[PDB]
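Bound complex of 17-beta-hydroxysteroid dehydrogenase type 1 and estradiol.
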Number of protein chains: 2
Amino acid sequence: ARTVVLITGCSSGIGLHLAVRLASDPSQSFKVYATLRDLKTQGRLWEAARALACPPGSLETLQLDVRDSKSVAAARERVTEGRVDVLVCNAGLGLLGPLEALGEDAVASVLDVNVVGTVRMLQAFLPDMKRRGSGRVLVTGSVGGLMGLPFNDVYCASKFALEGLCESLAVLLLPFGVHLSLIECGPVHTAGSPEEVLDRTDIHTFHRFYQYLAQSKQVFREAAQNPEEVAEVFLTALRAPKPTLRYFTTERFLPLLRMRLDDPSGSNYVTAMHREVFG
Amino acid sequence: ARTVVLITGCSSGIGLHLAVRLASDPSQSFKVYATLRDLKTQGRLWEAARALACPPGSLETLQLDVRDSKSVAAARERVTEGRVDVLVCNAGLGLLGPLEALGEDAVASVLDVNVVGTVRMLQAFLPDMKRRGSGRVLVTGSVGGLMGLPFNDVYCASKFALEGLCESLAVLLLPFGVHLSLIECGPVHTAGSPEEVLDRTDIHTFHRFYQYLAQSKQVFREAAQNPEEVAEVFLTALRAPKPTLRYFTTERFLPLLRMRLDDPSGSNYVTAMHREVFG
Ligand SMILES: C[C@]12CC[C@@H]3c4ccc(O)cc4CC[C@H]3[C@@H]1CC[C@@H]2O
Ligand SMILES: C[C@]12CC[C@@H]3c4ccc(O)cc4CC[C@H]3[C@@H]1CC[C@@H]2O
């Protein structure tokens, strides 16, 4: 059909739910280009697709390695309909642990994909949307991209980066009638070694790691959302006459987010979050 | 003397002012390791140093390429006093223009240095400060790291990244008695081609570029601060019994920063800043 969509990172989590959520819309108004990094993972996508009976030729597989400029280029050209009416920037990675234990090569990887990779999609897909004078860009945000979480230093870094990349472009894009919004997600219902962590860290840091790993499992269980609810914000947003900049899947997180805003110097939030995690 | 300091990026701007501001303190309590990327730029540093008569052996030159792990390693070892009582993470780069015109290789460069490079310093210097149970980390922040500025997409991205890297580490570091604060700077009094920009962009984007280049020159002239005032926040902060997370060199920027906090969805700030720059 019509709305030509190109989603990134669809081999699990939200991206996958998303493609199928759209591919199979009752109105049959979306064509979908679910992009996988590693093609030999199209399995799940297709299974779930077959389960909802998405009409044939409404979902398509494309491989796309965001850490590489040519792939982004190639992917762009396979969009036969010749436009990408809605672009959903979703590839993202994560990283847990005491900074000192994280390997350089890992940190590099996390920003290349999360940050740089996002920009590369934007580069290739912005122009024609400026050209045509219309289109929609959707970026998967997170609560970690609005406030720092102990032991997630680099993921948060990488999640704030997109917050800044997307708020700047907002201002400029305004008059072009090209839209960009971020979907502020939280825990969604989606699934290092102590020898190695401990090896590379001071035991007191390690005691706190453990302590934190213990606190998030709790938080997950009670705050975590049904993937089908997270994906529904996406469509709520790609259907607003004039969408906002941020869409928040949950509101649970607004209170800590507010008291972070009242005291810019930070000692309030740093303190509340500190005990909120430890004691 | 005593407080062993290691500043990064001291060949101009704030870092340079900083080293000399400290090297030459009347109390003679700081030893300084001004780090240059490119050593054949030690000139200015030394000139200004000679001008304030910093006592000999209170300032030292070290070369340090933040995009490289060994250099950081080597630099660490030349700190003969065997400790880095205060670490001032200051190397940073910038980037102006419509995203679509920015070359990949440039974007990579901006995050490797600003973000990754910061982390690499932290990696090497965090541990022993955790070990000793004391020390101070100072990071040069910016107003662009708290709100997006049109045409500065990637710099802002890269400046929010450190905001998130530093707020996360804050929480964890709390009990170790190791301190970390960011110096939220703005315009400080420190000094692409239209063929090429225009080549790679739609003329309407270009008209807006120009328009913006025109608005910031104005803003600079009236908001810009004497470098000696910016550097004085640094020492105000490395002397607080228990410092806060953020130190703001100016307050001019708080009003826009506040109305950004009241409406999380963003349409308020995006809008105000939009006209604030264009019309
Ligand atoms: C950021 C997440 C939501 C917020 C979570 C939170 C929220 C509050 C809190 O006190 C602790 C944590 C720990 C784990 C966090 C999560 C890990 C990933 C998820 O997106
Ligand atoms: C972010 C800076 C301070 C805030 C400035 C500003 C602040 C307000 C505004 O309406 C426009 C601009 C444009 C240039 C900006 C500056 C460029 C670098 C400087 O640090």
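Chain letters: A, B, ..., in sequence-line order. Sequence positions for chain A are given in the PDB entry numbering; the residues included correspond to 1-191, 198-285, in order. In chain B, numbers come from the PDB entry; the residues present are 1-191, 198-285, in order. When reading the values below, keep in mind they use all heavy atoms of this one structure, side chains included, and skip hydrogens, waters and symmetry mates. This deposition comes from X-ray crystallography, 2.7 Å. Order of listing sets the numbers, starting from 1, for every ligand and every atom in it.
- Estradiol, all copies counted: located at ligands 1 and 2.
- At a heavy-atom cut-off of 4.0 Å, the other chains in contact with estradiol (ligand 2) are listed as B.
- Filtering the residues that UniProt lists as binding substrate in chain B by heavy-atom distance under 4.0 Å from estradiol (ligand 2) yields no residue.
- The closest approach between estradiol (ligand 2) and any UniProt active-site residue of chain B, by heavy atoms to 1 Å, is B:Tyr155, 5 Å.
- Counting heavy atoms within 4.0 Å, the binding site of estradiol (ligand 2) comprises B:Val143, B:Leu149, B:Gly186, B:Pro187, B:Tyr218, B:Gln221, B:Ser222, B:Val225, B:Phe259, B:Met279, B:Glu282.
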